[PDB]
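Below is one structure, written out as structure tokens; the observations come after it.
Just so it is clear: chains get the letters A, B, ... in the order the sequence lines come, proteins before strands, and each one is counted from 1. FYI, side chains are in, hydrogens and waters are out, and symmetry mates aren't considered; it's all heavy atoms of this structure. Start at 1 and go down the list; that is how both ligands and their atoms are numbered.
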Amino acid sequence: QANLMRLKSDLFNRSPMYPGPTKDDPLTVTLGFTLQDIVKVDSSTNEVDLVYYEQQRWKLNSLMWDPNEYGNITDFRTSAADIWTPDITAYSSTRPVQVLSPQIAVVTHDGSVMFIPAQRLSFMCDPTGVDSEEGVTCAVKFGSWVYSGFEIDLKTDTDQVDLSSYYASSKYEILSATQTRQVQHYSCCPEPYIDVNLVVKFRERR
Amino acid sequence: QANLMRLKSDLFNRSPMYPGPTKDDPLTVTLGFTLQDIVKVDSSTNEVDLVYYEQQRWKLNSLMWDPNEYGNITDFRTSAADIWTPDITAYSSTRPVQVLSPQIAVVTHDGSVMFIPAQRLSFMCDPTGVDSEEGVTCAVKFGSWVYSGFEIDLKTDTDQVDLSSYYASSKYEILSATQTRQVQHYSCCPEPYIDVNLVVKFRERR
Amino acid sequence: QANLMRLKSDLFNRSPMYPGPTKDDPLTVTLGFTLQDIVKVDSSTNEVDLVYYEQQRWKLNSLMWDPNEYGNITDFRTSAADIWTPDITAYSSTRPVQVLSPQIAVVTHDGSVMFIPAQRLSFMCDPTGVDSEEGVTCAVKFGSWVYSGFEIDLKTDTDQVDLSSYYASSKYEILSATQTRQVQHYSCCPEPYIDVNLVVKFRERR
Amino acid sequence: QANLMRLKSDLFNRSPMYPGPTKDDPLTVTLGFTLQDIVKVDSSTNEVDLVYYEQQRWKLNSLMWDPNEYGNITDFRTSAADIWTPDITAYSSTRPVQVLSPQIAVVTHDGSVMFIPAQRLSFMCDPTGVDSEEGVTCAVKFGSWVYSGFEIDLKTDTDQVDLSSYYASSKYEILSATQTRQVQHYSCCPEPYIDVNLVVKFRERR
Amino acid sequence: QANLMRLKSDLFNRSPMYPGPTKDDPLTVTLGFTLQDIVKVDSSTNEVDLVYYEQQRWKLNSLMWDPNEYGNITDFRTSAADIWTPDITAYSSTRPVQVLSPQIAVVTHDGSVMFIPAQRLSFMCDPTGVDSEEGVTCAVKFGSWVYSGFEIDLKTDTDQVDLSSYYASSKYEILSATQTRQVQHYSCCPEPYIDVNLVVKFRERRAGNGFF
Ligand SMILES: *[C@@H]1O[C@H](CO)[C@@H](O)[C@H](O)[C@H]1NC(C)=O
Ligand SMILES: *[C@@H]1O[C@H](CO)[C@@H](O)[C@H](O)[C@H]1NC(C)=O
Ligand SMILES: *[C@@H]1O[C@H](CO)[C@@H](O)[C@H](O)[C@H]1NC(C)=O
Ligand SMILES: *[C@@H]1O[C@H](CO)[C@@H](O)[C@H](O)[C@H]1NC(C)=O
Ligand SMILES: *[C@@H]1O[C@H](CO)[C@@H](O)[C@H](O)[C@H]1NC(C)=O
Ligand SMILES: CN1CCC[C@H]1c1cccnc1
Ligand SMILES: CN1CCC[C@H]1c1cccnc1
Ligand SMILES: CN1CCC[C@H]1c1cccnc1
Ligand SMILES: CN1CCC[C@H]1c1cccnc1
Ligand SMILES: CN1CCC[C@H]1c1cccnc1
């Protein structure tokens, strides 16, 4: 307990908080999705509800320490409010995202952070034809709302969404699910913004 | 990180917070809407639900800095709680607005701020006839709740609402969408209040 | 900005906050309602939903200043959390009131405050007969929850509810709407409590 | 204002906050219910919704003062966050309780506190037969969640629930309503725990 | 009041807060469920809603005191925000858990804590066949979201869920309910994570219907 308390005090109580990335100190966030359930479709509003968890990974020099100086501590858990976290946002949500897991991240001695929020999302999706053999395809982009590609870049480790925890008795079966880096431009701003496009093809289970 | 931390400390930790505009130091806020979806209509209550984002821009002398003195930083992202923001309010809402994006603004060295909240709004609108060829027209005014035209003026850069991100598979198609500065008077107060009137004509998609 | 910052610091950062009215220092709050919409009726639960705004006015000696000493500032806007506000409560609500406007008040140099919260209220009301020519009458009392008439008195400037912003395409039309001071007694307490009784007669629009 | 400010500063800013009752310093809380409305019954889930207010009374030596020393102040209103309040909990709720009144208590010079929260509660209740002459009976226990009878005792002043403000046009009429102290054990804990059992018999209004 | 105020000040205002368990100082949390009601089933979304309370118990050396030095105080109630609490999470929830009881724990002089949150949970469960005699079986895992088995272990005192407070007029009757420690692995992480698997068999309360 003593060494960890000392480590946390040194990382968090001495300097001002990390002010986020800049054009001079850009950051790459690795994203990956684990899809748990397509919980419902609303054919009267063209909204669909997903439950998933989103693995986020990034690295900051300001979170580095030498384990020798702190009783061989190589990592620790801490409230996400203690650290900067990326503002990864769904671009076609129709309701605020609901948080289904504790807001706690794991920080490692090399300055790397792992944060894996479980979420329920309602997003824009037309489910007409979901009861057919061909099913339907829907898509939602996830990216920083406020940081361009000059401050936050994104990547995935694989373009295949993890389906190994998908609910076996869901009303919907997944035909395919991919997660792919894209570049986009917006009216507000001349700079490219980066997103990961989650594309899910599904149909009613036989 | 170092120069930005120094800049933020200088802008925010030395003076009291900006106390908002006054008759002596008035402020002009530029508004623009990007309409993403008419998500639903409730013909039993005459309420309609929109998802959009609202670009807000204003300029304060108290947020100016010389980039030379701060490692050539020309802008930065910061929590909207760190700065004053205008109290732009829908005048015919029937529920609290739901926030769909992070509360983070971009501040630029000339003292200009850009803040772009994504919102879901339920407002007063009679959808009778939406299933016809002619469709229906609805309107909602956005403006300061508490500041008259002597403290906050509004403008738009264009009268045309941005429809380039409108959801292509929405239940409703947009026939027209405009955003227009207006002056209004209220029983409480002799002074003019300024709003931007969002006027949307829509119908059920064919 | 400078003079206002100085004024706010002098009013709020020197003394403890105003502790509310007392039997020795009683307060009169002026109330007035502006009815915007009867949004829905639920005939299965006898609940009706109103959207309105409630103009509240009171005066404190502790909020007085001389404009000469503060750059001719005669009024200012400030967060309602900076000041004491009266605990005006609907007596037959069935849900928490939903807040539809920013929590910001206007303070004037004579010590007077104006605070105008927009609200959506569900309250107890039997709508049986609303679809007839005669319509139905409903009523809800607004008053302090915790302060008797010895600490908070209420008045209205007029007994006529302001209907000039009533939604023209509402499902319901207003036949009459009055706001009237009353005295009431409760089992807990021997002292009179004051309320303003909002009485609305309405029917389904032709 | 001056004397009250001084009294509040002396009661609240000098000592640490009251840490709650103990086996050495136990407390008796007096409870009483005022039933306003049975708002709805859900026969598909066996949940019923009540609106009531709950009068709570207790006495602390640490809230005593001599009125002579404080300009003859015999009582005052204060935010419930300034004081300890008992953790009175419904034992068969199905949703979080909704708060319908301001969180403000009245403290009197003898150290007694009166706090009267208005609440909407959904609780477990089978309404089958409510449309008959005999009606149905339902019950819910209210008590401390965490303090045994050695720290918190409860009493009522009467076993009759106050029905004098019951909504006259409710869908349901009340045949009887009682509030009765009970002692229980729970598997977690060896000590007796005290509750007040609210028993309501009702039927659909003729 | 005086001795307790002194005890709380000594436990909470002198050191930094307990930073949670570590591989060097692991912690075992005991869990047990008391099922109060299956409030509803949604056959169109395969979601079911439970109301229960979850007894959590753990022990920290940093919460120990000598009762002799504090007026013979052997335990006290305190806000759960004053102490570290384990991040026990349902693994197949479809909505945020709703809290139905005050967030207050009981701390005892040996450093043991008891915290018993009442909760309403919506979780993934197919109720097809609930209206039959055999009923349906559903399951939900509860465990730390972020701590592996090297930092947080779990146990139960019994594998039988407490059903003695189950609502007698519920729409659903419980046939059986068990709570069992399990080990699981996740894609993110090589380390084992521990959960307690809550398995409930239930059916509609129907006529005065027999269990065969
Ligand atoms: C940490 O690692 C060093 C180097 O191997 C070892 O000698 C020491 O015993 C360890 N210290 C602790 C506190 O585990
Ligand atoms: C700012 O720009 C100048 C060149 O235009 C460069 O020499 C200087 O090093 C820059 N400052 C920093 C901190 O990078
Ligand atoms: C206040 O009003 C007086 C009288 O007109 C004027 O001379 C003075 O300049 C004003 N003060 C400021 C700070 O504008
Ligand atoms: C309090 O009451 C005493 C007794 O009559 C009186 O003499 C004193 O002036 C009072 N003080 C105030 C502030 O009312
Ligand atoms: C504490 O315990 C001792 C031993 O039983 C007893 O004599 C004393 O009165 C107790 N109470 C205190 C210290 O308040
Ligand atoms: C890329 N974002 C999404 C839409 C607007 C844009 C943006 C840019 C800067 C600050 N806020 C929002
Ligand atoms: C312009 N607002 C709209 C209606 C009330 C008015 C207002 C004015 C001052 C303070 N609050 C609200
Ligand atoms: C006037 N209110 C309505 C009924 C209870 C009463 C009251 C009085 C004092 C403190 N809280 C509530
Ligand atoms: C008396 N309560 C009701 C059920 C559990 C119990 C309890 C006791 C101590 C801390 N939390 C809950
Ligand atoms: C065991 N957890 C649940 C799924 C991912 C994993 C995890 C690990 C670290 C931080 N958050 C979540």
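Of the chains in this structure, the chief binding partner of ligand 10 is, as the PDB entry puts it, Soluble acetylcholine receptor. According to the PDB, the drug at ligand 10 is (S)-(-)-nicotine. Lab note: other chains with heavy atoms under 4.0 Å from (S)-(-)-nicotine (ligand 10) -> A, E. Shortest contact from atom 9 (C) of (S)-(-)-nicotine (ligand 10) to any protein heavy atom: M114(A) CE, 3.6 Å. Of all protein heavy atoms, the one lying nearest to atom 7 (C) of (S)-(-)-nicotine (ligand 10) is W145(E) O, 3.1 Å.
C188(E) SG, 3.7 Å is the protein heavy atom nearest to atom 5 (C) of (S)-(-)-nicotine (ligand 10). At the shortest separation from atom 10 (C) of (S)-(-)-nicotine (ligand 10) among protein heavy atoms lies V146(E) CG1, 3.6 Å.
Considering backbone and side-chain N/O of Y193(E), none are found under 3.5 Å from N/O of (S)-(-)-nicotine (ligand 10).
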